[PDB]
Visitor: 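Here is sunitinib bound to Bromodomain-containing protein 9.
Here the PDB entry sets the residue numbers for chain A, with the shown residues being 138-236 in order. Counting starts at 1 for both ligands and their atoms, in listed order. Only this structure's heavy atoms are used, side chains among them; waters, hydrogens and symmetry mates stay out.
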Amino acid sequence: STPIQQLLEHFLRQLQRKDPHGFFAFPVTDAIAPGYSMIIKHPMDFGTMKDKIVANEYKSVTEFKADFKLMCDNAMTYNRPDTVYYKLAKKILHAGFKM
Ligand SMILES: CCN(CC)CCNC(=O)c1c(C)[nH]c(/C=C2\C(=O)Nc3ccc(F)cc32)c1C
């Protein structure tokens, strides 16, 4: 466990606490969200981010934040504003930017 890995695992744990039901914690399927794989060119989720930490693909907190922002932007693009997914993506994007 390197310092960067420890730091990012801490950040990821705090972010996921804002998503207790795992809206953003798994690879979305077209069966769940028809059209998703065509609309969202660069999908991202917390499970994939955890794997990228372990593979040590993040060389910076800025890279980690880029993936988090991507995850949130994707959810706010596919889902209409009056949905639980858009609303939670917006709230955790803002709260993640704090830390
Ligand atoms: C007929 C469909 N109805 C009109 C929209 C509502 C039904 N909607 C549903 O069932 C549904 C469910 C149960 N999950 C999602 C989508 C996502 C999810 O869970 N995590 C995500 C993360 C990113 C993202 F971009 C989409 C999702 C939908 C659309």
Visitor: Give the residue list for sunitinib, heavy-atom cut-off 4.0 Å.
Guide: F160, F161, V165, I169, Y173, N211, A212, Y215, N216, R217, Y222
Visitor: In the protein, what heavy atom is nearest to atom 19 (O) of sunitinib, and what distance, to one decimal place, separates them?
Guide: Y222 CE2, 3.3 Å
Visitor: Heavy-atom contacts with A212 under 4.0 Å: which atoms of sunitinib show up? List them by number with element.
Guide: 23 (C), 25 (F)
Visitor: So which protein heavy atom does atom 26 (C) of sunitinib come closest to, and at what separation?
Guide: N216 OD1, 3.3 Å
Visitor: Could you identify the single nearest non-hydrogen protein atom to atom 10 (O) of sunitinib and state the distance to 0.1 Å?
Guide: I169 O, 4.4 Å
Visitor: Taking only heavy atoms of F161 into account, list the atoms of sunitinib that are under 4.0 Å away from them.
Guide: 22 (C)
Visitor: How about atom 6 (C) of sunitinib: does it have a protein heavy atom within less than 4.0 Å?
Guide: no
Visitor: Looking at atom 22 (C) of sunitinib, what's its closest protein heavy atom, distance included?
Guide: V165 CG2, 3.6 Å
Visitor: Starting from atom 20 (N) of sunitinib, what is the nearest protein heavy atom, named by residue and atom, and what distance separates them?
Guide: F160 O, 2.8 Å
Visitor: Which UniProt-defined domain of chain A has the greatest number of residues in contact with sunitinib?
Guide: Bromo
Visitor: With a cut-off of 4.0 Å, which atoms of sunitinib are near a heavy atom of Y173?
Guide: 24 (C), 25 (F)
Visitor: Write out the residue and atom name of the closest protein heavy atom to atom 4 (C) of sunitinib, then the distance separating them to 0.1 Å.
Guide: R217 NH2, 3.9 Å
Visitor: Measuring to protein heavy atoms, does anything land under 4.0 Å from atom 1 (C) of sunitinib?
Guide: no
Visitor: Do any nitrogen or oxygen atoms of sunitinib lie under 3.5 Å from a protein nitrogen or oxygen, and which ones?
Guide:
unit_1, atom_1, unit_2, atom_2, d
sunitinib, 14 (N), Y222, OH, 3.2
sunitinib, 20 (N), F160, O, 2.8

